[PDB]
K.L.:
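For reference, this is 23S rRNA solved together with retapamulin.
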Amino acid sequence: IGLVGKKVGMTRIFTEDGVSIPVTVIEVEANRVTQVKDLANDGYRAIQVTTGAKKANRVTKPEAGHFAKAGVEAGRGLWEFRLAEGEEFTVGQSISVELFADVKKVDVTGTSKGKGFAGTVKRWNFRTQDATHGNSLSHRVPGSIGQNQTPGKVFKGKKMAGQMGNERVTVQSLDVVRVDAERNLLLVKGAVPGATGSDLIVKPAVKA
Amino acid sequence: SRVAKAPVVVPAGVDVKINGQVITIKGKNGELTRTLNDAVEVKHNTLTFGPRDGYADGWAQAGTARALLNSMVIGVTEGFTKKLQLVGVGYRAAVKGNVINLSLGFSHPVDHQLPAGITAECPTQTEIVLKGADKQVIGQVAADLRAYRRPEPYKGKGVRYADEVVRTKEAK
Amino acid sequence: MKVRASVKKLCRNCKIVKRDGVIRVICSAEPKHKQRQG
Amino acid sequence: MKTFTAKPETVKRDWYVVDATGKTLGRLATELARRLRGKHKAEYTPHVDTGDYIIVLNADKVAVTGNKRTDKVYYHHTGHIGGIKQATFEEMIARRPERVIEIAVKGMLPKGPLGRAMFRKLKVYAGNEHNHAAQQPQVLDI
RNA sequence: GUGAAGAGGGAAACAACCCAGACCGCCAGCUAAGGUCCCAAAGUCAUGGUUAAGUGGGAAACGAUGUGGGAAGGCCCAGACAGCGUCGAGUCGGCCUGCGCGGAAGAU
RNA sequence: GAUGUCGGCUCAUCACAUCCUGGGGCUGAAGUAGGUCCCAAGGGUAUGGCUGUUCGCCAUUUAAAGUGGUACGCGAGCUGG
RNA sequence: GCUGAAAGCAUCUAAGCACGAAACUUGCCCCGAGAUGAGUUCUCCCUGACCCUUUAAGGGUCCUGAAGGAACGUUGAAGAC
Ligand SMILES: C=C[C@]1(C)C[C@@H](OC(=O)CS[C@H]2C[C@H]3CC[C@@H](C2)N3C)[C@]2(C)[C@H](C)CC[C@]3(CCC(=O)[C@H]32)[C@@H](C)[C@@H]1O
Ligand SMILES: [K+]
Ligand SMILES: [K+]
Ligand SMILES: [K+]
Ligand SMILES: [K+]
Ligand SMILES: [K+]
Ligand SMILES: [K+]
Ligand SMILES: [K+]
Ligand SMILES: [K+]
Ligand SMILES: [K+]
Ligand SMILES: [K+]
Ligand SMILES: [Mg+2]
Ligand SMILES: [Mg+2]
Ligand SMILES: [Mg+2]
Ligand SMILES: [Mg+2]
Ligand SMILES: [Mg+2]
Ligand SMILES: [Mg+2]
Ligand SMILES: [Mg+2]
Ligand SMILES: [Mg+2]
Ligand SMILES: [Mg+2]
Ligand SMILES: [Mg+2]
Ligand SMILES: [Mg+2]
Ligand SMILES: [Mg+2]
Ligand SMILES: [Mg+2]
Ligand SMILES: [Mg+2]
Ligand SMILES: [Mg+2]
Ligand SMILES: [Mg+2]
Ligand SMILES: [Mg+2]
Ligand SMILES: [Mg+2]
Ligand SMILES: [Mg+2]
Ligand SMILES: [Mg+2]
Ligand SMILES: [Mg+2]
Ligand SMILES: [Mg+2]
Ligand SMILES: [Mg+2]
Ligand SMILES: [Mg+2]
Ligand SMILES: [Mg+2]
Ligand SMILES: [Mg+2]
Ligand SMILES: [Mg+2]
Ligand SMILES: [Mg+2]
Ligand SMILES: [Zn+2]
């Protein structure tokens, strides 16, 4: 399994031998198990967890009853983690960042920062055409988008301008620099997706 | 045909158990078994082999069926032997249980886990002698061991079948 | 392996064999005689 | 007089269960297609679904002749350029064995709204069990 | 000869090919070419064969113990042919022919 | 009663008769490194000098600097030598 | 390649068995139930009267107005809207 945390921000750890390790600080508060999915009822094995602390007015009656069944406080959302062959968890169990104590590398999933409507230069690394040498109104425009009568259409997946970022991104195989269970902190080497404050899903590295 | 016509003699010791198409041959050296091709008739002394009706091949399938069960009879009775020789400076072999550990001039160990039914011993470092009931399996293991370092055509170095003539040619 | 439209026995030790719908010449004596029709 | 027409709101559709085990794919498919369309009924009407509900069991055990188990290829295009995908019969059986029968029958049913409606009455199962004991399907031998 | 100046049915689609020349109406019948497992009207028709290549459903010289049929030979229980005198039954490769096989690489 | 044209730029997309990388047979294959043929289309596959050039030659790289199809791909996308 | 007949031999193949590549199917990442074949799981909410006519998934009234949603406002490392 993994845990749900919050991107606090970035800093550095100076090592004794004079290396500065860039770190993303992830606040990993206790993940409370809200539901355990099994093969008989649900057709797959997973835990649903919550974290943080939502305010009663913002918790709907459907949400409240789900948390109340688990016997846990409402957190700011629900996330599932698929269970391994061995792994067992109970409803209402709290899972801390101590989970990651012996984990060397993590995959961190977040929602990337939103660039809104992005041109092909930004979105797809298209080359600009001539700034001068006669170019007419076509500096950052995409150029040709197809062939001719054959095929007489634009192909699906054509790289064009559109919404960029504000989407799920996983960065794989980030070194765990420090697990500070007392401060509810995980320090990972390097950048992770999303703005300060955003939800992060941290899992042990799939690749190894 | 001429293979299939010849009935396999049963030695004493080695009981036969036919059923359907699947035959079982059990003796001193284990209990082999085979499902024969559905175009084949076996008839217990002596297992006969001839063609079943409504089957174009027939005598082809009966000749193999014969040859297989001859080897199966001989396998549970006498057993089959294969010897590989190693050739090349610093090429050695040694068996630890059911794993042969071959040094074959690689930058790593080579450890072939011998399959069940096959026993192996190294009379010296440059010889393996496999022993088993299945002629097919012992041939397959021998081929697998040879394939690590096939005999090469200049100096004849590698894992060879002890029988094999390794044709050597000269360098240009 | 010689891949040819015309595959033939080149010596006494050459043998024509059909494997998987492909006419081949295998030779015990001479590896240069190994042929596949193709 | 005017020739009879079946009326969709009054059509009698019966439930059948067929075992695909060891049946030749195409020879089963034609009989399924016939009955899904209702060509076996005197009330057959081209513009009306007069056919029967058919449960097919043991779709994974459907047979093909020749080398078709390895050599029959199912092609589809994803709509994306270069997106021609292929699967052999044996791969289709391993992954999605119901699709073999369903694809065979779909190609033998009329094209258009009614042919799609006819196909909805076919219920293909990989194994020997179905959930439709409430519909009381009669054994149909093909 | 047809199209042009000709509809209808067949050849997926297809002026010029095949069948066939539309005065009008019919919710009758028989046929033509072409067809009769499902799309899709009609044989999952009958009898005897061939093919195993999805050949059928693209492609030549040429290559090959694929496989079927026919005629005729050589050698052979004075032991042939293959394997190692032994061994006990056929063997050998030309001919003609049917159907297949390789030869066979292209762009949404 | 108009189907805009060479070359460049931008953006491509497919084929495989494969340039590199992968697998393999033969070699007049000791090794290294080649030659040749077979399989393989996943990905990758120079920058400059000269010239409108494509190309080519030249300089210097690169694992490699593939060959073709796409209205000799692409001017209601740019350029206009 | 193994075993192995047809074809007493031989033969990787006909039966059977084993290897074998960046191609293929997965494994990795993202989308994804309009997957109309519209799936699953958990939780939450509403437990009134009444009369017609075309007695039917018929129609209307009186009362009721839930969960939740939307709207509005303050807004955002979300955003052309
Ligand atoms: C005017 C026609 C043009 C624009 C250009 C034409 O090129 C020529 O005709 C060459 S002669 C040349 C054309 C124009 C007009 C006068 C003068 C002479 N110039 C400036 C050219 C390249 C073809 C050879 C003939 C067909 C064309 C369509 C497709 C094509 O490639 C064109 C015509 C239909 C097109 O409209
Ligand atoms: K006429
Ligand atoms: K075909
Ligand atoms: K190109
Ligand atoms: K080579
Ligand atoms: K490639
Ligand atoms: K043109
Ligand atoms: K131009
Ligand atoms: K245009
Ligand atoms: K323009
Ligand atoms: K749904
Ligand atoms: Mg933004
Ligand atoms: Mg540029
Ligand atoms: Mg201007
Ligand atoms: Mg400008
Ligand atoms: Mg089109
Ligand atoms: Mg093969
Ligand atoms: Mg139609
Ligand atoms: Mg005229
Ligand atoms: Mg006409
Ligand atoms: Mg016509
Ligand atoms: Mg027509
Ligand atoms: Mg008639
Ligand atoms: Mg019909
Ligand atoms: Mg019949
Ligand atoms: Mg064909
Ligand atoms: Mg041919
Ligand atoms: Mg015009
Ligand atoms: Mg090729
Ligand atoms: Mg591909
Ligand atoms: Mg792959
Ligand atoms: Mg240049
Ligand atoms: Mg052009
Ligand atoms: Mg081009
Ligand atoms: Mg312009
Ligand atoms: Mg244009
Ligand atoms: Mg000019
Ligand atoms: Mg043999
Ligand atoms: Mg690589
Ligand atoms: Zn030879």
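Naming convention: chains lettered A, B, ... in sequence-line order (proteins, then strands); numbering from 1 in each chain. For ligands, and for the atoms within them, numbers begin at 1 and follow the listed sequence. For this deposited structure, the header notes the method as electron microscopy, 1.8 Å. Part of the entry, not all of it, is on display, and contacts are counted within that displayed part. In what follows, every heavy atom counts, from backbone to side chain, and hydrogens, waters and symmetry copies are set aside.
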K.L.:
Specify every chain or ligand assigned to retapamulin.
P.N.:
ligand 1
K.L.:
Give, by letter, every other chain that has a heavy atom closer than 4.0 Å to retapamulin.
P.N.:
F
K.L.:
Where, taxonomically, does RNA chain F originate according to the PDB?
P.N.:
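It's listed in the entry as Escherichia coli BW25113.
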K.L.:
State the binding site of retapamulin (non-hydrogen atoms, cut-off 4.0 Å).
P.N.:
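Residues with a heavy atom in range: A2(F), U3(F), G4(F), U5(F).
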